[PDB]
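Letters go in sequence order (proteins before strands), and every chain restarts at 1. Start at 1 and go down the list; that is how both ligands and their atoms are numbered.
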There are 2 protein chains.
Amino acid sequence: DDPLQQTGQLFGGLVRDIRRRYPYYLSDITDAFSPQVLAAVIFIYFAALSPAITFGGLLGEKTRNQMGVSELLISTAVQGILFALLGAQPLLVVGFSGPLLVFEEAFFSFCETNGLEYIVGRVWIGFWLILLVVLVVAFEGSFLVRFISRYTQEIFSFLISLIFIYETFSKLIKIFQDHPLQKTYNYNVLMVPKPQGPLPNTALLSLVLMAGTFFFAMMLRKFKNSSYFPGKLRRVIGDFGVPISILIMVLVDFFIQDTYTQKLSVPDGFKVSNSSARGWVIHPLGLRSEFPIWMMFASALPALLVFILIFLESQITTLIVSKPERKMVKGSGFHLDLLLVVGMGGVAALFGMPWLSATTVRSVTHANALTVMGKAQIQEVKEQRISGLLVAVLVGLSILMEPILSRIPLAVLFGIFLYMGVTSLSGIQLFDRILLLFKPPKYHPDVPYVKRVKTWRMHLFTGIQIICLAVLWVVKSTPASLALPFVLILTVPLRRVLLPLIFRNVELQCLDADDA
Amino acid sequence: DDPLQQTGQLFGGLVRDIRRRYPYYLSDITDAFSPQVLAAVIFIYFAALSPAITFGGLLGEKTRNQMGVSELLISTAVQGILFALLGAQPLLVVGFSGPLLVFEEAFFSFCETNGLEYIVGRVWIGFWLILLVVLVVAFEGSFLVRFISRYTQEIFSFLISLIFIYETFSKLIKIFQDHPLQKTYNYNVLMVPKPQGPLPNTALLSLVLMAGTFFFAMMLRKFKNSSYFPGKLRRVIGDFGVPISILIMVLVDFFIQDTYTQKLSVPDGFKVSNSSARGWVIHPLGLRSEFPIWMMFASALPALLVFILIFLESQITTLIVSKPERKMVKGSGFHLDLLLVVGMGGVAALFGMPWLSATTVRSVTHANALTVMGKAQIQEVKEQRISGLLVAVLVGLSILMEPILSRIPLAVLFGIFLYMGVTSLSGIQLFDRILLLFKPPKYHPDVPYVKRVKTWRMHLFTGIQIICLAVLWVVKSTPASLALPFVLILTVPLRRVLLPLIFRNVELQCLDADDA
Ligand SMILES: CCCCCCCCCCCCCCCCCC(=O)OC[C@H](COP(=O)([O-])OCC[N+](C)(C)C)OC(=O)CCCCCCCCCCCCCCCCC
Ligand SMILES: CCCCCCCCCCCCCCCCCC(=O)OC[C@H](COP(=O)([O-])OCC[N+](C)(C)C)OC(=O)CCCCCCCCCCCCCCCCC
Ligand SMILES: OCCN(CCO)c1nc(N2CCCCC2)c2nc(N(CCO)CCO)nc(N3CCCCC3)c2n1
Ligand SMILES: OCCN(CCO)c1nc(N2CCCCC2)c2nc(N(CCO)CCO)nc(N3CCCCC3)c2n1
Ligand SMILES: *[C@@H]1O[C@H](CO)[C@@H](O[C@H]2O[C@H](CO)[C@@H](O)[C@H](O)[C@H]2NC(C)=O)[C@H](O)[C@H]1NC(C)=O
Ligand SMILES: *[C@@H]1O[C@H](CO)[C@@H](O[C@H]2O[C@H](CO)[C@@H](O)[C@H](O)[C@H]2NC(C)=O)[C@H](O)[C@H]1NC(C)=O
Ligand SMILES: CC(C)CCC[C@@H](C)[C@H]1CC[C@H]2[C@@H]3CC=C4C[C@@H](O)CC[C@]4(C)[C@H]3CC[C@]12C
Ligand SMILES: CC(C)CCC[C@@H](C)[C@H]1CC[C@H]2[C@@H]3CC=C4C[C@@H](O)CC[C@]4(C)[C@H]3CC[C@]12C
Ligand SMILES: CC(C)CCC[C@@H](C)[C@H]1CC[C@H]2[C@@H]3CC=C4C[C@@H](O)CC[C@]4(C)[C@H]3CC[C@]12C
Ligand SMILES: CC(C)CCC[C@@H](C)[C@H]1CC[C@H]2[C@@H]3CC=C4C[C@@H](O)CC[C@]4(C)[C@H]3CC[C@]12C
Ligand SMILES: CC(C)CCC[C@@H](C)[C@H]1CC[C@H]2[C@@H]3CC=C4C[C@@H](O)CC[C@]4(C)[C@H]3CC[C@]12C
Ligand SMILES: CC(C)CCC[C@@H](C)[C@H]1CC[C@H]2[C@@H]3CC=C4C[C@@H](O)CC[C@]4(C)[C@H]3CC[C@]12C
Ligand SMILES: CC(C)CCC[C@@H](C)[C@H]1CC[C@H]2[C@@H]3CC=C4C[C@@H](O)CC[C@]4(C)[C@H]3CC[C@]12C
Ligand SMILES: CC(C)CCC[C@@H](C)[C@H]1CC[C@H]2[C@@H]3CC=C4C[C@@H](O)CC[C@]4(C)[C@H]3CC[C@]12C
């Protein structure tokens with residue numbers, strides 16, 4: 001029954017993953033028939049879209065429009081639809097991530113330096129990723145995911161959410177730096193690409209919209225598990241907590257018409273950003289210049305790095321989402337998801353669209369959205385394919401529904417990112433122990449490790465995980481950001497060889513447990 | 001032991017009030033030796049000052065400077081010092097109120113029409129208030145305060161808090177109306193009296209400062225009764241919850257130097273606002289024109305109205321502050337406080353300074369500030385004279401402490417008013433029953449009246465008190481605002497004659513109880 005086992009035959013895990021979930025496929029359609037599911041579709045849409053808009057914008061300027069917002073949106077749409085329809089864990093949101101953007105920057109700079117075609121280079125990376133993932137899934141390489149314990153899962157899960165929170169505030173600060181609070185402003189300024197100068201009331205309204213959206217979302221989450229209004233109405237309003245918070249604060253900005261706020265800009269149509277550069281289908285052998293055969297084979301070495309990026313990102317996200325404490329009964333497959341995510345991404349490279357990964361926050365957020373609360377204990381989770389499908393389709397149709405997206409500020413969706421960032425920390429025992437450092441020892445949650453492990457030893461354990469978080473954040477800050485996944489890999493040796501020396505088994509078993 | 005009893009002798013209550021509290025007078029100095037007491041001094045200072053600044057400003061413009069901020073500040077200082085040193089309940093904050101402001105415009109408008117000297121008119125009102133209060137205290141007229149039950153106390157206490165909250169938002173709205181969020185602004189504008197035109201970033205920053213101060217104050221109140229940090233540090237930070245919230249958000253505005261925010265303006269020195277109109281000491285017989293002897297006797301009729309205003313305001317505030325549920329052991333005197341408050345106010349009229357009253361929110365706020373929490377049950381209250389004395393002295397020295405006050409925005413102190421407004425509702429059973437209207441019947445607090453009175457009957461009782469609140473708010477809105485105290489008087493007949501018909505004794509006794 002345990003997914004992470006070596007069968008001892010070629011593609012044994014892949015078959016066993018299909019065999020376990022596809023029996024539930026008719027349930028994966030009906031279970032979606034709930035208002036809570038529709039509230040998740042609306043929430044996770046904006047959670048899924050705005051990153052693809054942002055990263056696409058960032059790719060555009062750092063890759064000279066070889067790959068822009070349109071390519072990313074279509075990729076997130078097509079791979080999102082397929083993965084929802086064919087995957088093992090539909091609650092995983094497949095999209096673009098920060099470590100993937102860093103690779104594209106380095107790959108572009110590498111290609112620029114050596115003087116090779118970037119987009120043609122990726123096609124080969126994509127082919128080697130298809131070769132590697134088939135070779136990995138063949139021998140059931142996802143068995144090594146067993147070794148990654150809560151220690152490494154939580155260190156990861158915490159770091160990703162901090163980033164998500166950090167970046168959100170970095171955008172608010174950027175708005176304030178762009179539109180400073182001056183004494184006088186210049187009004188003879190163009191706003192056709194974007195505002196050339198500073199603008200009045202822009203930065204403060206952006207803060208008001210961000211703070212307000214995070215407030216309303218949190219207060220409606222507080223309202224969900226309150227004792228006000230009838231139980232039906234309290235849940236319905238609580239389930240649609242974010243969509244109400246968005247609608248309100250979007251309508252707030254709609255009425256404030258004279259003042260400027262930065263909105264969600266999408267491409268005009270379904271066309272590549274730079275048409276002169278590349279077409280919709282990228283040629284392996286080359287576009288303009290004849291692509292070298294040395295790079296055609298040496299594409300293996302970056303593809304190995306991209307595989308490790310997509311593997312760890314996706315497989316650790318699968319762990320986090322399919323934890324025992326989260327009441328997920330339909331079953332999670334680590335081989336079929338890895339095969340699709342990388343396999344699709346490899347074929348996506350052929351059409352000059354970016355390979356994606358099962359992103360942690362968006363996956364967690366989508367799981368948390370579909371998770372229902374009893375009495376605070378988790379009753380069940382609405383595990384189905386319709387939520388992940390509809391989000392992907394809506395992301396695909398984002399280019400068409402510009403009229404609607406044009407009235408939605410970025411400030412409000414940054415308020416939603418802050419809500420996603422804070423909410424992501426909820427079921428992380430690391431974060432729980434970070435709070436206990438500040439709380440006195442008498443006022444502890446009396447959890448198994450609190451009762452058994454000594455207070456100073458528990459804090460010492462928590463201390464070492466901050467040292468790891470700190471080191472990971474330093475590695476992230478430095479140019480060597482593609483080394484970050486390999487530093488997180490060292491978190492597994494730590495718990496395996498280093499901690500057993502300074503700590504005891506009894507404490508280690510209590511602090512780091514598979515189930516709680 | 002019960003204060004509200006007829007002794008059956010002249011000035012029996014006054015003697016009995018002195019006899020009960022003055023034995024504790026040495027305790028009323030030492031009990032003030034606590035950090036929590038110093039945190040109250042800082043909090044209640046701004047709570048006491050900014051109203052005198054505002055009402056003084058309002059008197060100034062509606063009385064042609066015959067009485068402005070200077071007179072009000074000195075009155076609140078002198079009467080505040082004396083009442084703290086000589087009073088029965090030092091926790092009562094004596095200051096100017098809205099119903100008193102209504103009388104001063106009404107009396108000025110009367111004097112302007114008939115063509116009489118306003119300030120000389122008040123001197124006679126003051127003499128008749130001294131005659132009435134001595135005649136009332138003689139026969140122990142504060143025995144009628146017994147008839148005022150939680151019903152009328154809570155209806156009052158709630159209405160006063162709603163006003164306090166309403167007015168706060170009316171000032172924010174005014175700022176937004178004054179400094180609208182436009183596309184373009186004019187920078188060639190004078191700001192020497194105040195900004196002549198609209199200004200950028202002023203209204204939104206004012207909202208940010210107000211929202212931020214109310215947030216920090218509430219989160220530090222939430223922190224006070226949390227389980228974070230050692231018990232000493234949690235209380236100390238919790239007790240200084242408002243002063244920290246003020247300091248922070250004042251320093252926030254200090255760093256935002258280019259943008260404009262409206263600050264606390266006080267007079268330059270200790271001089272009357274309009275020297276030409278009149279001097280410090282007002283002459284009974286007249287200043288310029290010979291004051292009529294018909295008004296010298298007819299001054300009784302407005303003085304009777306002012307007495308009823310100051311009596312009900314102060315005596316109902318004394319009830320609220322000296323409730324049984326609030327752990328106040330040193331004893332409350334309703335005769336000695338009424339004698340001082342009105343008697344001082346009558347003598348204050350002679351120097352052209354405004355008669356004051358024991359204001360409900362500022363009294364409640366000051367009591368709530370000095371109230372310590374155990375475990376949520378009230379352990380004790382730090383009842384002493386030093387808090388009320390120091391506030392009054394600081395209000396007196398506000399005119400000299402201009403450099404510090406000039407850097408403090410109004411926006412932040414409006415955030416403190418909102419905090420005072422919401423916190424004032426805490427120990428009001430009316431407000432508690434307003435929440436139970438929305439909550440389901442199964443999730444009720446299990447208080448005596450919840451289990452004894454039927455849910456539909458309790459909601460019917462609460463419904464009638466909203467009808468009263470509504471009627472009182474309508475009477476307040478209309479020109480007849482001096483009729484409001486006499487409408488609140490009718491709240492006592494209601495519970496006495498009208499409710500016993502539709503309701504039963506058992507329910508009435510449970511819903512309206514002297515102790516809980
Ligand atoms: C869940 C409820 C939480 C939200 C409820 C709302 C509470 C707060 C309401 C808004 C007020 C924010 C307080 C800070 C005020 C700063 C004012 C300002 O803009 O100053 C100018 C400053 C700029 O300072 P400056 O003027 O020195 O900049 C330099 C300018 N030159 C170069 C010209 C010298 O801007 C900022 O503050 C930017 C940084 C943002 C910091 C505030 C972000 C917080 C908002 C989201 C809330 C998240 C925390 C909540 C806690 C977690 C809860 C789970
Ligand atoms: C304890 C924490 C609670 C406080 C922090 C939570 C608040 C989050 C911070 C942001 C403020 C909220 C967003 C308000 C939306 C309006 C913003 C704006 O632009 O206004 C434009 C409007 C003006 O709109 P306008 O300018 O478009 O109107 C048109 C005018 N013409 C046509 C002339 C151009 O501003 C106002 O009217 C002010 C409204 C303020 C209302 C919000 C009050 C916030 C203060 C705290 C309230 C506490 C509530 C909870 C109490 C209970 C506590 C448990
Ligand atoms: O852009 C839209 C989303 N956001 C906004 C969040 O509010 C965002 N911006 C980032 N940017 C900073 C740097 C490069 C430009 C944008 C960024 N960078 C990184 N990293 C790469 C840098 O090494 C860190 C390693 O994961 N990781 C991010 N998360 C995304 C999900 C899975 C991974 C963690 C991330 N997220
Ligand atoms: O934090 C806000 C406090 N302020 C700011 C001024 O210091 C304020 N402003 C008022 N107004 C401003 C705008 C023009 C009118 C005055 C006002 N008006 C009334 N009343 C209605 C006038 O008829 C009387 C109703 O009983 N009562 C008030 N209270 C305060 C004392 C205890 C009692 C209730 C009151 N308070
Ligand atoms: C589309 O791609 C082409 C080819 O990469 C870009 O072409 C030229 O301009 C760039 C600067 O804008 C230079 O860095 C290139 O060297 C130059 N290349 C050639 C062959 O002329 C073009 O700018 C891109 N267009 C957009 C809209 O991004
Ligand atoms: C001080 O008081 C005097 C007397 O009331 C005010 O005097 C004059 O100006 C007023 C308008 O500003 C008129 O309404 C008065 O009728 C007029 N009275 C006389 C006798 O000339 C004076 O304005 C006040 N000054 C200030 C600073 O408020
Ligand atoms: C699903 C698609 C898009 C992924 C592409 C990867 C290919 C190579 C994968 C997907 C499904 C896989 C097959 C699934 C099941 C079996 C049955 C087993 O007895 C032998 C291997 C075999 C036949 C696998 C071979 C490899 C396979 C064909
Ligand atoms: C586009 C941006 C600005 C906001 C989008 C949010 C929209 C889609 C949200 C906000 C509030 C939502 C509604 C709130 C509650 C209910 C009751 C439920 O039983 C059926 C759906 C229904 C009727 C929702 C439909 C979707 C809804 C209208
Ligand atoms: C419709 C649902 C099921 C899928 C959502 C995504 C849809 C809208 C997207 C994904 C890929 C997109 C296509 C990608 C490529 C092209 C070629 C171009 O010359 C015309 C548009 C066209 C044909 C696009 C139309 C819209 C499209 C089909
Ligand atoms: C450079 C720093 C920030 C990175 C390392 C994280 C810091 C905060 C960690 C490392 C070791 C930790 C300490 C280890 C042991 C104890 C003893 C316990 O009774 C109280 C907490 C305390 C004192 C911990 C507090 C947090 C701590 C100081
Ligand atoms: C503070 C002053 C100026 C207020 C003036 C009010 C007058 C009427 C008050 C103030 C003090 C009062 C006296 C205080 C003490 C006593 C002793 C008692 O056994 C008989 C009544 C008697 C004699 C009181 C009578 C009324 C009294 C004289
Ligand atoms: C005038 C404006 C800026 C607000 C002024 C508030 C000042 C007076 C407040 C803010 C925070 C306060 C401090 C906070 C905590 C303590 C610790 C306590 O054991 C003694 C008092 C002391 C040291 C307070 C002194 C007064 C203080 C500095
Ligand atoms: C000092 C403490 C105990 C009391 C606080 C209030 C003080 C500062 C106030 C209240 C009344 C004020 C006085 C009122 C009247 C005048 C007359 C004027 O021509 C000079 C200033 C002078 C003399 C004031 C000085 C300051 C004063 C004494
Ligand atoms: C002038 C305005 C404020 C008047 C409205 C006040 C509201 C709150 C009052 C007026 C009439 C009241 C209702 C009258 C009758 C009933 C039926 C009873 O079985 C439960 C309470 C309930 C439902 C009351 C609830 C409160 C109520 C709705």
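Looking at ligand 4, one finds the drug dipyridamole.
The chief contact partner of dipyridamole (ligand 4) in this model is named by UniProt as Band 3 anion transport protein. Other chains reaching under 4.0 Å from dipyridamole (ligand 4) with at least one heavy atom: B. On the PDB entry, the origin listed for chain B is Homo sapiens. TM segments of chain B (UniProt, N to C) within heavy-atom distance under 4.0 Å of dipyridamole (ligand 4): 1, 3, 5, 12. Heavy-atom contacts of dipyridamole (ligand 4) within 4.0 Å involve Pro51(B), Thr54(B), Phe55(B), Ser97(B), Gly98(B), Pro99(B), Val102(B), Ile160(B), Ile163(B), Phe164(B), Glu167(B), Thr168(B), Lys171(B), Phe417(B), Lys476(B), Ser481(B), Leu484(B).
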